[PDB]
Amino acid sequence: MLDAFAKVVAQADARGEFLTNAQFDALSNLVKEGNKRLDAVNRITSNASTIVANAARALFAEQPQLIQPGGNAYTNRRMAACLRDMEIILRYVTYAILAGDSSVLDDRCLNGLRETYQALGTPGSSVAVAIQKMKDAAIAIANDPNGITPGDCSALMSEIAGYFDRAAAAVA
Amino acid sequence: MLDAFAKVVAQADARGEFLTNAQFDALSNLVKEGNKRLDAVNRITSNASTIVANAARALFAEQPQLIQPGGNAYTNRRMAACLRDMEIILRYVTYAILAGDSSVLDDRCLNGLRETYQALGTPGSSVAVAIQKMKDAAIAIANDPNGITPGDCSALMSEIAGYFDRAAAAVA
Amino acid sequence: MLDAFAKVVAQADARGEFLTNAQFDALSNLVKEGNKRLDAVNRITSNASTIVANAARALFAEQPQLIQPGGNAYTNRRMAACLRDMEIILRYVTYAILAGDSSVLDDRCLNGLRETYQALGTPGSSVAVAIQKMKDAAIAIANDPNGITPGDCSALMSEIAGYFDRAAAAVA
Amino acid sequence: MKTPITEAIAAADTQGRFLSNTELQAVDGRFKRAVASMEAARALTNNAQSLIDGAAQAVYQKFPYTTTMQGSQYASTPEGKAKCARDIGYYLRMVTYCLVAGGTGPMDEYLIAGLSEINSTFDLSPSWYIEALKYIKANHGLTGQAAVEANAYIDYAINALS
Amino acid sequence: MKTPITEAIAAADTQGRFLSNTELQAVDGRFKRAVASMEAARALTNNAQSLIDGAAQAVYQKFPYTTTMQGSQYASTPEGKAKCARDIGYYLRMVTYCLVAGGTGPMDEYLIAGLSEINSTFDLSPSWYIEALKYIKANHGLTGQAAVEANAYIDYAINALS
Amino acid sequence: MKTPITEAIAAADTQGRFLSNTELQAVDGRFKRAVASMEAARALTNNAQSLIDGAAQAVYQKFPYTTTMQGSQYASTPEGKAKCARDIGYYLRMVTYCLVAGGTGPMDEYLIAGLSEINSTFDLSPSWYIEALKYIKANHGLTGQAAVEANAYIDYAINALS
Ligand SMILES: *[C@@H](C)[C@H]1/C(=C/c2[nH]c(/C=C3N=C(/C=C4\NC(=O)C(CC)=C4C)C(C)=C\3CCC(=O)O)c(CCC(=O)O)c2C)NC(=O)[C@@H]1C
Ligand SMILES: *[C@@H](C)[C@H]1/C(=C/c2[nH]c(/C=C3N=C(/C=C4\NC(=O)C(CC)=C4C)C(C)=C\3CCC(=O)O)c(CCC(=O)O)c2C)NC(=O)[C@@H]1C
Ligand SMILES: *[C@@H](C)[C@H]1/C(=C/c2[nH]c(/C=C3N=C(/C=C4\NC(=O)C(CC)=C4C)C(C)=C\3CCC(=O)O)c(CCC(=O)O)c2C)NC(=O)[C@@H]1C
Ligand SMILES: *[C@H](C)[C@H]1/C(=C/c2[nH]c(/C=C3N=C(/C=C4\NC(=O)C(CC)=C4C)C(C)=C\3CCC(=O)O)c(CCC(=O)O)c2C)NC(=O)[C@@H]1C
Ligand SMILES: *[C@H](C)[C@H]1/C(=C/c2[nH]c(/C=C3N=C(/C=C4\NC(=O)C(CC)=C4C)C(C)=C\3CCC(=O)O)c(CCC(=O)O)c2C)NC(=O)[C@@H]1C
Ligand SMILES: *[C@H](C)[C@H]1/C(=C/c2[nH]c(/C=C3N=C(/C=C4\NC(=O)C(CC)=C4C)C(C)=C\3CCC(=O)O)c(CCC(=O)O)c2C)NC(=O)[C@@H]1C
Ligand SMILES: *[C@H](C)[C@H]1/C(=C/c2[nH]c(/C=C3N=C(/C=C4\NC(=O)C(CC)=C4C)C(C)=C\3CCC(=O)O)c(CCC(=O)O)c2C)NC(=O)[C@@H]1C
Ligand SMILES: *[C@H](C)[C@H]1/C(=C/c2[nH]c(/C=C3N=C(/C=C4\NC(=O)C(CC)=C4C)C(C)=C\3CCC(=O)O)c(CCC(=O)O)c2C)NC(=O)[C@@H]1C
Ligand SMILES: *[C@H](C)[C@H]1/C(=C/c2[nH]c(/C=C3N=C(/C=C4\NC(=O)C(CC)=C4C)C(C)=C\3CCC(=O)O)c(CCC(=O)O)c2C)NC(=O)[C@@H]1C
Ligand SMILES: CCCCNc1ccc(C(=O)OCCN(C)C)cc1
Ligand SMILES: CCCCNc1ccc(C(=O)OCCN(C)C)cc1
Ligand SMILES: CCCCNc1ccc(C(=O)OCCN(C)C)cc1
């Protein structure tokens, strides 16, 4: 995997170049804002079980076909596999947030996942919706103004949304 | 694998339904006729080596190209592999007869078999003929009126023919 | 793998035939000329490291894009993998020369190699050029008139060129 | 799915061999016992709605908080009452399938695998389903071997919840 | 296929290395011995029909039941006589291939692998083929090293049938 | 690539779990140290051409045969001088990348893996690059923690060449 620093290094090496001032400035800004990144990872991680379970309840309320007999989340084994997948994806998203780069999520979670679901007959579009519901809940938790030094984390929240959306787009 | 009972259960569960009277009646009739099923499996199994060897002799008389030098059953290693495959298929067919369901034959024998033969250059249509010759011999043995309490086993013989034909169709 | 003797045997067996006079004569001529084959293998093998390194230097002089940052032989890990592949291919070519048949080279080296390079993004056409540069150097060494009993090895050199060209054609 | 018949076949397949005489007599025994088992399953099926209805009410009476406490995991709303009756029907359906198949396999595969995780994630108390299962045992009216078999599968479900 | 040459190459390949001087001298030895071996194979080839014909008659004389007893496995019919002559020719062909290849490999791969299963399934007696092989040894007329090599492969076939 | 951050994530992934508080504090420490490291990398970058030029001349002075001895591996030609300056720039670039990434990973992956084989195959003396690296250490002008970090990566490269 790459973190944000290794990613810039990899981009520079493929061009045979020392880092530009823009690359140095981009990485310095990431570090300057790093406390917010740590709060986001801490807050999402500490609430991971709630984020998954609430998102699952919301998915099945919206898509009852998934829990009708014969549906892809019917039977406790399929429901448990579905809950597991949601937790797995959330877990790799939190790693991407810590790293500031999506490579860990792409390489260890998303690559091949559409094809896995296609072969199972799992509706990837429903997994995408589950991811989106986790996204909204994770951002509300990461961006909660209570109990934290006030400041602007909108850029980070857009980055976080990007990783969730990348996961959803890879399975839809 | 499924047997006939588990198959009806699986069909019912996918619909979220208790068994219908028709399903209960179908399974009760299978049990009522179960002695005939046991005789068929016993008789085919006890004569398995003869069924294979006679069917092989008949195949090569009909398709001498298979045993001309260069043919797919020429050399003792290829002939032995061919005899082995015939015995394997007969074996899984007898399991399907005992179970009253083709799943064991589909899952553990037939799935991928056409593609295996295609990659080897084995003529699947000749394997289908070998299966058909085993079918005819197996039914004559299972349905022999001598040494058994007289009764009508025509429904069972049609079911047996179905499993052999399913095997032939999967490789032809 | 087959050597030249086993290859003729395999061709004869697929036809159900004893060897023809032409086949016997072809193999007897191979043996009559076998000392030259041994010199060729000995000479190429003893100079293998030089053949690889010189051919690599010549490749990169002709195709500097391979060693520009971002190129497929840039970084010491990629350069080392490239040098390794050249040595591997030369090694299997020397086995084919000893055997008088290309099967070992086809089966243990070339089969699947184009697809391997395609998936890596390695330019197979550049590997083909590297092979051709090794070919020219290997033939000049095998066919050096100094320090050896004078005689005509042109048929053998054409056979040797054939194995190198077969390798190049399999990756181009 | 594991049944007495698929187990015999699996044993033969594991050893790459045709079925043995002992394996055929095992299936004969299954066929002879299947009669009474399937009759039990049909009796439960014919009485399913009354058993489900009564079991749900038995749970609500034993645990009154389930019909008043706020939360989607409870039966305080019509939607929650419907979820609960649905789940109880699932358990009864699984009992009938076990009777038909001759073993626990259907319940193992469709209900028990993942059960602990589902009850935890969705905040469903195992005690609720144990009470429903006890009501079914007390009211299905089966006798003889039918009662032994049905109650074996019910007690197996209770153990899985325990 | 295993030959003295492919064995040398396989050893080098197993160790990921170029061929050694000892491996090259092994192939030189093969090349020097190949002359007499291939001459033996050509002599057998040139005389194949007489050897096959005589060997078949030797089997029928040793085992007269093979020309009268009823069954497709016997030589009681023209079709069975033709199968038998065919098989004897296969064995002789394999001997010639072993001589050409410098080892048992051709016989190993095309005839011996599966032999026991074929003779069992088709009810062919190994003793028939042993007698044919003894006739060939007694009548091929080879001498010197040619006889050592040819009879090595014939005796190897007899061992495979024993 | 290994960095202090990817190592924390890899540990969590290996155990199939979310990140721990200790892992987050490890990344906080990385973020706090990254400031001085990236400043070192920018200073080296801004001075790269002078350092590369001076290092090449230092090698030629220490090993005069490299500018006269015949062979493409030497710097006796303009093409060889250009190859040498290029390679020295690669080493300096790798030092800057290590400073940015917070560890040896970039140098490990892009330069050290395969280094011994490249220097052997192309007849490049490790001593040449060690001298260039010593010149860079003596002339980069870094101080404090920047010097500790830069010289750690330079000394790591020297060790890889030793
Ligand atoms: C957007 C996410 C919200 C936001 C965040 C925010 N945080 C700070 C300051 C700090 N955050 C931390 C957290 C950590 N440091 C660590 O090492 C770890 C891992 C153990 C964590 C979880 C710390 C220590 C600080 C500094 C002390 C403090 O509490 O301020 C800020 C202030 C500016 C800054 O980046 O430091 C902000 C803005 N604040 C919001 O209002 C958003 C909802
Ligand atoms: C169609 C296949 C032929 C046919 C069959 C047939 N069989 C019976 C009765 C019996 N068959 C058995 C056999 C077994 N019971 C076992 O447990 C095992 C495994 C060890 C076997 C092999 C038995 C015990 C019976 C009952 C006693 C008896 O011999 O009758 C019938 C009678 C009706 C019935 O289903 O029981 C029939 C018709 N009869 C034919 O004519 C067909 C050629
Ligand atoms: C074409 C390749 C060049 C050529 C070859 C050539 N060689 C010979 C004769 C011999 N070569 C050997 C070499 C070996 N014998 C072995 O067992 C081994 C492995 C250890 C080797 C490497 C030998 C022993 C001989 C015989 C003695 C001799 O030196 O002559 C000839 C002569 C004809 C023949 O085939 O024997 C030739 C022509 N000569 C050239 O001019 C080509 C450049
Ligand atoms: C839940 C929102 C949806 C759902 C999911 C579902 N998934 C499966 C099975 C699998 N899920 C994965 C995914 C992963 N395994 C990993 O290790 C990783 C990280 C690399 C991922 C992302 C895999 C590999 C499988 C198959 C293997 C396995 O089950 O462990 C199922 C089971 C399907 C079945 O029929 O068995 C289900 C039900 N189903 C829905 O309806 C939701 C939309
Ligand atoms: C005989 C009627 C025909 C024939 C058959 C033949 N088959 C092979 C090789 C293989 N057969 C199988 C089939 C199976 N292997 C299993 O384990 C199972 C149960 C799951 C089956 C159904 C496989 C996998 C192979 C390849 C691997 C192997 O040989 O074990 C051959 C050999 C082909 C070769 O060139 O080696 C042959 C000859 N050939 C005919 O001409 C008949 C039409
Ligand atoms: C050199 C002329 C060119 C070049 C080569 C290059 N190859 C690789 C990677 C691989 N090469 C192989 C080839 C083989 N492995 C074997 O075991 C055998 C014998 C059966 C062969 C022929 C394989 C399998 C790989 C991938 C696995 C591995 O690296 O060991 C690379 C590395 C590519 C990368 O991005 O990692 C390179 C660079 N590159 C050029 O530019 C030359 C044209
Ligand atoms: C009734 C005893 C009590 C009650 C029930 C209740 N259950 C749920 C939700 C779920 N029930 C299941 C159960 C199963 N699904 C399966 O596939 C199987 C095996 C076939 C079983 C046994 C599951 C998976 C869920 C969650 C998903 C879904 O809604 O279908 C609820 C709703 C939970 C929520 O928060 O929405 C309720 C109310 N609750 C009581 O208080 C009753 C006493
Ligand atoms: C002659 C000594 C006796 C004789 C021969 C006989 N053989 C068969 C049938 C077969 N013979 C083989 C032998 C081989 N097939 C191969 O591929 C190889 C290796 C190259 C060998 C050695 C095989 C496989 C068969 C069966 C398939 C086929 O017919 O080709 C028969 C006919 C058997 C039948 O029942 O139809 C006969 C008669 N029988 C005697 O009595 C002679 C003394
Ligand atoms: C300068 C100190 C001395 C000098 C240098 C010299 N180098 C080469 C050729 C090569 N240098 C490398 C080095 C690298 N390539 C990489 O990808 C990396 C990591 C990013 C490194 C460190 C390589 C691979 C080569 C060979 C391939 C190429 O030409 O690029 C030469 C030319 C060698 C030749 O024979 O053509 C030279 C001259 N030589 C001196 O005498 C200087 C003191
Ligand atoms: C097996 C998949 C069936 C899931 N069922 C449903 C699928 C889609 C919808 C639906 O209406 O969704 C539209 C909005 N976006 C978020 C999807 C409602 C139910
Ligand atoms: C390699 C496949 C060649 C097999 N040779 C033959 C194939 C087909 C026939 C042939 O005539 O079959 C027609 C009837 N059905 C049963 C196939 C005869 C010989
Ligand atoms: C990644 C591949 C780029 C390699 N670069 C080059 C490719 C081709 C040529 C070129 O001109 O080659 C023509 C002659 N034959 C031998 C190829 C020159 C440079």
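Protein chains get the first letters and strands the later ones, always in sequence-line order, with residue 1 at the start of each. Just follow the structure's listing: the first ligand is 1, and inside any ligand the first atom is 1. Just so it is clear, the values below take in all heavy atoms, side chains as well, and ignore hydrogens, waters and symmetry mates.
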- Query: Which drug or candidate compound lies at ligand 11?
  - Reply: tetracaine
- Which protein or nucleic acid chain has the most heavy atoms near tetracaine (ligand 11), under its name in the PDB entry? C-phycocyanin beta chain
- Message: Can you tell me which other chains reach within 4.0 Å of tetracaine (ligand 11)? Heavy atoms only, strictly under.
- Response: B
- Task: List the closest protein heavy-atom neighbour of atom 8 (C) of tetracaine (ligand 11): residue, atom name, distance to the nearest 0.1 Å.
- Result: B:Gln63 NE2, 4.0 Å
- Please indicate, with yes or no, if any protein heavy atom is found under 4.0 Å from atom 1 (C) of tetracaine (ligand 11)? yes
- Item | Contacting atoms of tetracaine (ligand 11), where contact means under 4.0 angstrom from a heavy atom of B:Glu62 | 16 (C), 18 (C), 19 (C)
- Side chain or backbone of B:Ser126 under 4.0 Å from tetracaine (ligand 11), or both, or neither, by non-hydrogen atoms? side chain
- Item | Nearest neighbour in protein (non-hydrogen) for atom 17 (C) of tetracaine (ligand 11) | B:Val129 CG2, 4.3 Å
- UniProt (2R,3E)-phycocyanobilin-binding residues of chain B with a heavy atom under 4.0 Å from tetracaine (ligand 11): none
- Task: Please check atom 10 (C) of tetracaine (ligand 11) for a protein heavy-atom neighbour under 4.0 Å.
- Result: no
- Query: Right, does atom 6 (C) of tetracaine (ligand 11) have protein non-hydrogen atoms nearer than 4.0 Å?
  - Reply: yes
- Message: What's the entry got as the organism for chain B?
- Response: Thermosynechococcus elongatus
- Looking at B:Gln65, which atoms of tetracaine (ligand 11) are within less than 4.0 Å of one of its heavy atoms? 4 (C), 5 (N), 6 (C), 19 (C)
- Message: What would you say the binding site of tetracaine (ligand 11) is, if we count heavy atoms under 4.0 Å?
- Response: B:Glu62, B:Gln63, B:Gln65, B:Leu66, B:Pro123, B:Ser126
